J.: 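First the structure, then my questions, so here it is.
Numbers restart at 1 for each chain; the letters A, B, ... are given by sequence-line order, proteins then strands. Values below: all heavy atoms of this structure, side chains included; hydrogens, waters and symmetry mates excluded. One-based numbering, in listed order, for ligands and for the atoms of each. Recorded method for this deposit: X-ray crystallography, 1.9 Å.
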Protein chains: 2
Amino acid sequence: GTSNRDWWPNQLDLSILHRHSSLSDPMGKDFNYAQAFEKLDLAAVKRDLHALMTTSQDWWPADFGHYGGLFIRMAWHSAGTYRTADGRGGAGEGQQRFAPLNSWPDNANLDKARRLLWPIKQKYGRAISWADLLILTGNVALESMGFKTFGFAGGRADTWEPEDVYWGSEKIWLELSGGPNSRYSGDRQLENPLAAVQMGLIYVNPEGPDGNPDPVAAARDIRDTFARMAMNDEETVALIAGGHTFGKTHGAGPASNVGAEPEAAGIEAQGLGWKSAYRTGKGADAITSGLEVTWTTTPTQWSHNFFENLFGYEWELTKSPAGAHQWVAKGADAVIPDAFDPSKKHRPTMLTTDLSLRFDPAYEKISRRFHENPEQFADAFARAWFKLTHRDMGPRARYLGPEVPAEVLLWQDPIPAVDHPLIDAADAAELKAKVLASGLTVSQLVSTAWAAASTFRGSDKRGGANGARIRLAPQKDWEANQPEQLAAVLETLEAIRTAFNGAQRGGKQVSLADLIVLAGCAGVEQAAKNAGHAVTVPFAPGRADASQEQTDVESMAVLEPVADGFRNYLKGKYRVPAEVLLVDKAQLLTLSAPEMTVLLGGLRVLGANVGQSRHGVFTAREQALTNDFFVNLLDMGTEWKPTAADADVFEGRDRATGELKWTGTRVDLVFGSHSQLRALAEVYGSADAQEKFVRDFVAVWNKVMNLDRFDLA
Amino acid sequence: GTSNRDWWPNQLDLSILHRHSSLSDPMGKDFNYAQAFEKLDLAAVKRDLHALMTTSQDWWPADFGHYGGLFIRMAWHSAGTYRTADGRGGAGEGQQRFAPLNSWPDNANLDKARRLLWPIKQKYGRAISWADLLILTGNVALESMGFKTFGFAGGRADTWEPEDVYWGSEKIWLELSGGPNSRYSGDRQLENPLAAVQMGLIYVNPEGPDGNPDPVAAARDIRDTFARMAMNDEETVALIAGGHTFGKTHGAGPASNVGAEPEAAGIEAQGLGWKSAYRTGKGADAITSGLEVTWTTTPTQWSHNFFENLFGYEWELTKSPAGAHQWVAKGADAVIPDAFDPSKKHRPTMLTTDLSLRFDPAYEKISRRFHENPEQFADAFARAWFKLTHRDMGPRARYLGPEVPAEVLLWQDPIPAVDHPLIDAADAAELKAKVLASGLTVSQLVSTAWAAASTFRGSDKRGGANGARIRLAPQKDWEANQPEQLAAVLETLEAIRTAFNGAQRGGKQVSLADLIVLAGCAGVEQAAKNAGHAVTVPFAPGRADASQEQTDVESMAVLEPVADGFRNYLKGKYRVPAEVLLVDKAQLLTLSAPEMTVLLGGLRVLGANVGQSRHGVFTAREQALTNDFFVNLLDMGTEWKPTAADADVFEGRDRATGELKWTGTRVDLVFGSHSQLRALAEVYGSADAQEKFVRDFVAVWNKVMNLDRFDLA
Ligand code: HEM
Ligand code: HEM
Ligand SMILES: Nc1ncnc2c1ncn2[C@@H]1O[C@H](COP(=O)(O)O)[C@@H](O)[C@H]1O
Ligand SMILES: NNC(=O)c1ccncc1
Ligand SMILES: [Cl-]
Ligand SMILES: [Cl-]
Ligand code: NA
Ligand code: NA
């Protein structure tokens with residue numbers, strides 16, 4: 001059956017904004033996962049998971065009699081898809097159980113791991129999500145094997161269909177670099193937003209870069225991909241050495257024995273995949289990666305043996321029984337136990353990527369310090385495992401249950417507790433009147449509040465106006481935020497705040513974070529008034545102001561908007577067309593297509609464009625909230641053409657006279673071109689739609705202002 | 001960006017069940033189109049459209065100074081996608097404005113027609129849908145040119161995204177038959193459910209079959225395609241001769257002048273397409289189909305000149321300026337006016353497909369009668385145009401506004417008016433107890449009510465339990481409906497009804513249509529009771545009983561279910577896997593994936609399978625409403641394999657002992673295989689889900705029972 005995607009393979013895809021509707025969701029529209037989880041007996045679930053660790057099933061027998069290593073890898077993989085570039089991937093939505101991640105080659109046989117968990121999932125039902133269960137099971141695996149975790153938070157609601165994520169353009173699984181859809185260019189630069197070296201891998205290739213077994217070169221890839229998953233050198237060495245303290249790899253025979261991945265298998269496989277014709281197909285005969293490495297002398301117990309082996313032998317290149325490159329300890333005794341046969345032992349072995357930890361010079365120093373000071377290794381690994389597995393969960397307000405660590409960590413972008421009375425409605429009116437009397441313009445108020453609130457992304461729940469981080473480095477210096485204008489607005493707001501706060505009794509004060517948002521609301525009210533409409537814009541107080549020391553400047557850099565269609569901003573020229581980047585941003589903002597449409601049309605006429613550009617400002621009453629953008633965009637009296645200077649800018653001329661009326665970008669004009677977007681524009685550009693436009697705009701404005709307000713959830 | 005569809009191109013596509021969410025809809029959740037339309041001043045809209053017919057725009061100048069022919073073609077195309085096989089296509093959702101239909105080659109330059117209508121759409125806003133406006137504009141075109149229409153009904157609500165429709169497998173627009181994706185096999189058999197001869201055409205090729213200009217052969221294709229659009233010979237001739245009484249074709253120069261269709265054009269084209277480099281690109285230079293035919297001497301007025309010309313001249317094969325085959329009248333005077341130059345005239349011309357009306361022997365008789373009796377022609381055309389343009393609107397209860405014809409037409413599957421008091425809640429309880437006391441079983445009651453209600457399809461809103469047509473030909477003899485069992489159930493219900501009705505005062509009585517549904521509800525209540533649960537199943541009375549004489553038997557044939565996954569029924573072996581046919585059915589029933597899932601699992605254990613098959617009956621308490629289907633399906637203690645006898649049937653055996661536990665079909669097992677479906681099955685198979693399963697089952701059961709109840713909208 002030929003589809004629209006076949007006929008117009010580069011048209012824009014709006015379905016990404018309309019996933020996750022109530023239609024695909026089996027839970028009622030009233031289901032609240034946080035409330036269900038709060039009633040879960042978490043201790044009881046952890047007792048069942050402890051029991052599961054050594055209850056081997058015949059259909060996938062446990063190595064060493066203990067599933068701990070398998071489950072740690074399962075949890076690591078659930079979390080390990082994460083990219084800091086867009087916040088997409090991670091454990092937070094339980095996406096490992098859906099295509100494509102359920103069938104990635106690096107997730108081979110994790111289908112068996114997930115299936116082992118079905119009895120517990122069934123027992124507890126909706127009170128524990130798959131997403132939480134995958135992570136909890138990793139924690140319990142670690143605890144069972146002697147390792148004390150830093151903590152655990154529930155609250156990851158399950159999702160019910162695959163996310164739309166750009167995982168790369170390759171059409172072959174695991175394609176090596178340099179092909180027609182290469183993710184690499186230049187001096188082995190990985191394209192943003194990607195965070196893995198090959199399609200279907202988590203981070204790097206365990207044999208080495210593109211299969212070449214050079215541990216020094218592999219270190220380069222490790223460092224780059226882990227950085228792109230928010231991990232520095234110390235965390236990276238702690239995580240790899242930590243994880244590879246446990247368990248083993250599986251490569252007992254040639255890879256050609258392994259059949260179809262889950263999404264390709266027959267219906268009788270009942271959701272499992274990679275069935276193997278090699279001997280029994282499982283247990284001692286298991287094939288997963290094709291490598292055959294067991295790192296420690298006690299694979300089911302926490303030890304300091306990883307670094308003892310790493311530094312204690314010299315390593316020789318060799319091949320697994322599937323033909324894969326791996327390393328064996330020169331002249332070692334057979335000290336490693338076998339997984340099934342008590343009468344066999346093996347020499348210590350390593351992956352190329354394990355040797356990276358010793359032969360990259362910066363890693364080597366960390367690895368040595370961890371070898372000499374295992375307490376530091378244990379602490380770093382615990383902190384890094386917590387980070388890895390919670391990275392995409394958002395503000396601390398979302399953390400549920402009795403095991404949440406009390407220590408606040410820098411990576412969480414923390415927000416101080418509010419310890420004073422909040423402003424009430426009378427105080428809000430007083431502050432909005434002051435803001436309006438100060439001489440700040442609609443355009444300045446709207447642009448500042450948009451700049452503050454629209455850093456939010458729902459993918460990892462980072463960003464938003466809470467914290468007033470727009471006043472700190474680096475947000476205050478981002479080109480999209482118009483630094484000089486921003487500084488003048490913030491200075492006027494700060495004086496207003498200082499004056500209000502100094503006049504108070506009883507400890508009441510207003511944060512700058514709240515006042516920025518409140519001032520934006522006043523701007524929207526004033527604009528509606530300018531258009532002859534009487535509008536109150538909703539406002540919820542309670543934001544607090546974070547300090548510069550609570551704001552990691554490097555980590556913040558990935559939230560910089562290099563494309564923001566809502567302010568008609570593009571930081572440079574990109575391979576991806578700007579309207580694709582607009583839809584991408586709308587998706588991160590959690591907007592539907594109707595919301596994106598109304599929001600953008602309104603921002604254009606309120607003066608939210610960067611640099612005061614006239615592009616898309618299709619009104620003669622700027623700073624008045626009207627549907628002018630739509631009515632003028634859809635006017636057939638105007639003809640549009642790309643400019644001579646720039647193919648991405650368009651001139652709109654009176655069809656009869658030739659006179660120039662407007663200019664716009666691809667982002668402006670896509671609303672009059674794409675057939676679904678134009679149908680939306682039509683609704684708002686109709687003669688009966690003025691009040692609907694205003695009201696819809698206020699609702700989406702308020703939605704954006706509140707995106708990070710999990711303290712009110 | 002590689003997607004799941006690229007990696008697993010034959011996985012099942014569930015997104016088709018999740019279109020039309022509230023996310024994609026710009027109207028609020030409470031918007032009621034029927035209410036808006038009822039207040040539209042329809043006379044005022046029609047006066048604006050009348051004025052439009054002769055107000056030429058220079059960007060697409062009106063042929064002969066009148067847009068009427070163009071708009072008639074627009075409306076005919078809007079309706080002309082319709083297929084009787086599945087009810088899909090037609091004018092009822094305004095789908096012509098979305099991909100792919102907006103860009104079909106047969107719809108070239110209808111983009112210009114739709115754009116002409118924007119000022120009127122904008123004026124009246126939400127009170128008239130595009131869907132309604134396309135049709136209304138065709139009616140007004142006809143009226144403006146002297147033709148009396150049979151009537152008009154509003155009520156087609158707009159849609160906001162493309163429908164997922166199988167339009168064929170070809171990857172090339174207009175591909176000739178016999179290719180690798182040929183829609184033809186055998187002796188020029190068109191594959192179901194298709195109703196056009198080539199990808200991107202409405203019905204047939206105007207040059208003739210695969211371009212061969214033989215009017216006799218073309219008549220074969222016309223007859224076949226029009227039948228597949230619910231039109232018989234009389235209707236077909238009336239429609240083609242009717243339409244081709246007006247306007248002209250456009251083929252003023254070579255087709256290679258014509259650029260990209262709308263979905264492929266640049267953003268500056270603002271949703272228009274087919275931009276032509278030939279001379280001025282429009283008006284006298286227009287190119288659309290590539291043919292250049294003007295049929296009558298007054299292209300802007302109703303006449304009987306099409307048949308006068310058809311029969312009055314002999315015809316010669318010729319070529320348009322774009323190279324297309326067409327026909328010219330041998331030795332005629334130049335009597336046909338030019339579209340732009342009052343000093344030029346032309347000889348009468350025809351399409352190969354127009355000549356079909358004269359040279360096919362059965363058409364020729366009808367055409368002769370219409371020629372001799374143009375009043376008969378006018379009446380047939382008006383009836384056929386009404387039918388064409390309303391065929392997918394559903395029951396008469398959906399027809400809005402002041403121009404609805406009072407005459408009830410056989411094709412409407414009409415339902416008589418109810419002229420008596422309805423049963424109340426206490427009466428419903430009394431009848432449910434009587435049904436249960438008669439000894440009809442849960443399985444008989446459920447099966448019968450499902451058979452009656454599940455003929456509904458949302459694509460053309462035909463079918464459903466209203467009318468009690470399950471008791472008439474042909475429904476009562478469909479194999480899926482189990483004719484002998486059905487007859488025994490209907491007999492018992494009829495006696496119950498006759499007794500209840502004869503005991504009444506005051507004219508109160510119950511229809512057999514209501515009682516079939518009510519009896520099904522009793523069946524579901526009893527089943528819930530068998531499981532130890534007390535529920536009340538909702539029931540709305542007001543169905544009426546249609547007669548055999550009000551039931552066109554041939555038209556009803558397309559509603560026969562040849563695949564019904566919900567009763568594990570397949571009438572023969574098909575190309576398409578049964579699980580794809582299940583999803584197809586659920587989409588016709590308007591079900592989401594969660595609704596399909598709950599509904600099927602519940603029907604399995606209530607005994608709704610055809611022939612009492614045990615396939616998928618994963619319970620030891622048949623006729624009790626439990627979630628046993630899911631708990632047993634997901635039990636990893638059971639292993640499944642295809643049978644030796646049949647690859648489409650599977651045995652489930654105890655994994656440890658090999659003991660046979662169950663059998664199932666692909667439809668049963670897909671819920672344990674497909675990763676999104678199995679995630680739904682898990683919800684219902686969890687230990688906390690019994691109450692939820694019952695509640696959700698009852699809700700979806702009730703939804704199905706009410707699908708055709710537009711009398712209560
Ligand atoms: C450079 C990064 C890494 C690479 C290239 C890598 C590679 C691998 C490979 C190839 C396997 C064997 C899969 C199989 O054949 O069954 C494996 C196993 C494992 N890895 Fe990693 N790994 C990496 C980082 C991590 C991290 C961050 C963790 C956890 C904190 C981890 C924990 C594990 C565990 C527990 C196993 C054993 C699985 C079992 O016992 O079944 N690894 N790793
Ligand atoms: C075998 C069936 C049919 C064939 C092959 C067919 C073919 C065509 C073609 C090729 C054109 C010219 C497109 C162009 O170059 O602009 C056309 C025009 C037209 N057709 Fe049809 N037609 C059929 C049936 C119908 C029916 C059922 C109607 C309406 C009741 C209709 C009404 C018209 C009208 C009004 C025009 C003129 C458009 C204008 O003035 O711009 N046709 N037809
Ligand atoms: N552009 C490249 N392509 C492939 N391998 C590279 C590239 N650049 C560096 N390497 C490998 O990474 C190692 C570490 O180099 P560097 O990361 O430049 O200090 C080198 O010695 C190479 O083996
Ligand atoms: N692909 N996933 C996201 O982009 C996302 C997920 C949840 N809320 C917002 C965005
Ligand atoms: Cl994601
Ligand atoms: Cl459709
Ligand atoms: Na994420
Ligand atoms: Na339809």
J.: Write down the drug found at ligand 4.
T.: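 Its PDB name is isoniazid.
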J.: In this deposited structure, which macromolecule lies in greatest contact with isoniazid (ligand 4), as labelled in the PDB entry?
T.: Catalase-peroxidase
J.: Any idea which other chains come under 4.0 Å from isoniazid (ligand 4), counting heavy atoms?
T.: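 By heavy-atom distance, the answer is A.
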J.: Tell me which other ligands or ions sit closer than 4.0 Å to isoniazid (ligand 4).
T.: ligand 5 (chloride ion)
J.: Is the contact between A:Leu589 and isoniazid (ligand 4) made by the side chain, the backbone, both, or neither, using heavy atoms and a 4.0 Å cut-off?
T.: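 Near isoniazid (ligand 4), A:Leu589 shows nothing, with every heavy atom at 4.0 Å or more.
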J.: Go through isoniazid (ligand 4) atom by atom and flag the ones less than 4.0 Å from a non-hydrogen atom of A:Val165.
T.: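 With A:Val165 as reference, the close atoms of isoniazid (ligand 4) come out as 1 (N).
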J.: Under 4.0 Å, heavy-atom basis, I'd like to know which part of A:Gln587 is in contact with isoniazid (ligand 4): side chain, backbone, both or neither.
T.: both
J.: So, is A:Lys461 polar-close to isoniazid (ligand 4), with some N/O to N/O distance under 3.5 Å?
T.: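 Checking isoniazid (ligand 4) against A:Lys461, no N or O pair falls under 3.5 Å apart.
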J.: Examine isoniazid (ligand 4) and decide if any of its atoms is less than 4.0 Å from a heavy atom belonging to A:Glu93.
T.: yes
J.: Would you look up which organism the entry lists as the source of chain A?
T.: Burkholderia pseudomallei (strain 1710b)
J.: At a 4.0 Å threshold, what atoms of isoniazid (ligand 4) neighbour a non-hydrogen atom of A:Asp164?
T.: 1 (N)
J.: Cross the UniProt heme b-binding annotation of chain A with the residues having a heavy atom under 4.0 Å from isoniazid (ligand 4), and give the overlap.
T.: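 Going by heavy atoms, UniProt's heme b residues within reach: none.
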J.: Could you list which atoms of isoniazid (ligand 4) come closer than 4.0 Å to a heavy atom of A:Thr590?
T.: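 Isoniazid (ligand 4) atoms under the 4.0 Å threshold to A:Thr590: 8 (N), 9 (C).
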J.: What residues line the site of isoniazid (ligand 4) at a non-hydrogen cut-off of 4.0 Å?
T.: A:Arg88, A:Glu93, A:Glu163, A:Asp164, A:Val165, A:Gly458, A:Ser459, A:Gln587, A:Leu588, A:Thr590
J.: Which protein N or O atoms sit under 3.5 Å from any N or O of isoniazid (ligand 4)? Give atom names and distances.
T.:
from                 : atom 1 : to       : atom 2 : distance (Å)
isoniazid (ligand 4) : 1 (N)  : A:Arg88  : NE     : 3.4
isoniazid (ligand 4) : 2 (N)  : A:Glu163 : OE2    : 3.2
isoniazid (ligand 4) : 4 (O)  : A:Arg88  : NE     : 3.0
isoniazid (ligand 4) : 4 (O)  : A:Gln587 : OE1    : 3.1
isoniazid (ligand 4) : 4 (O)  : A:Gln587 : NE2    : 2.0
isoniazid (ligand 4) : 8 (N)  : A:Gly458 : O      : 3.4

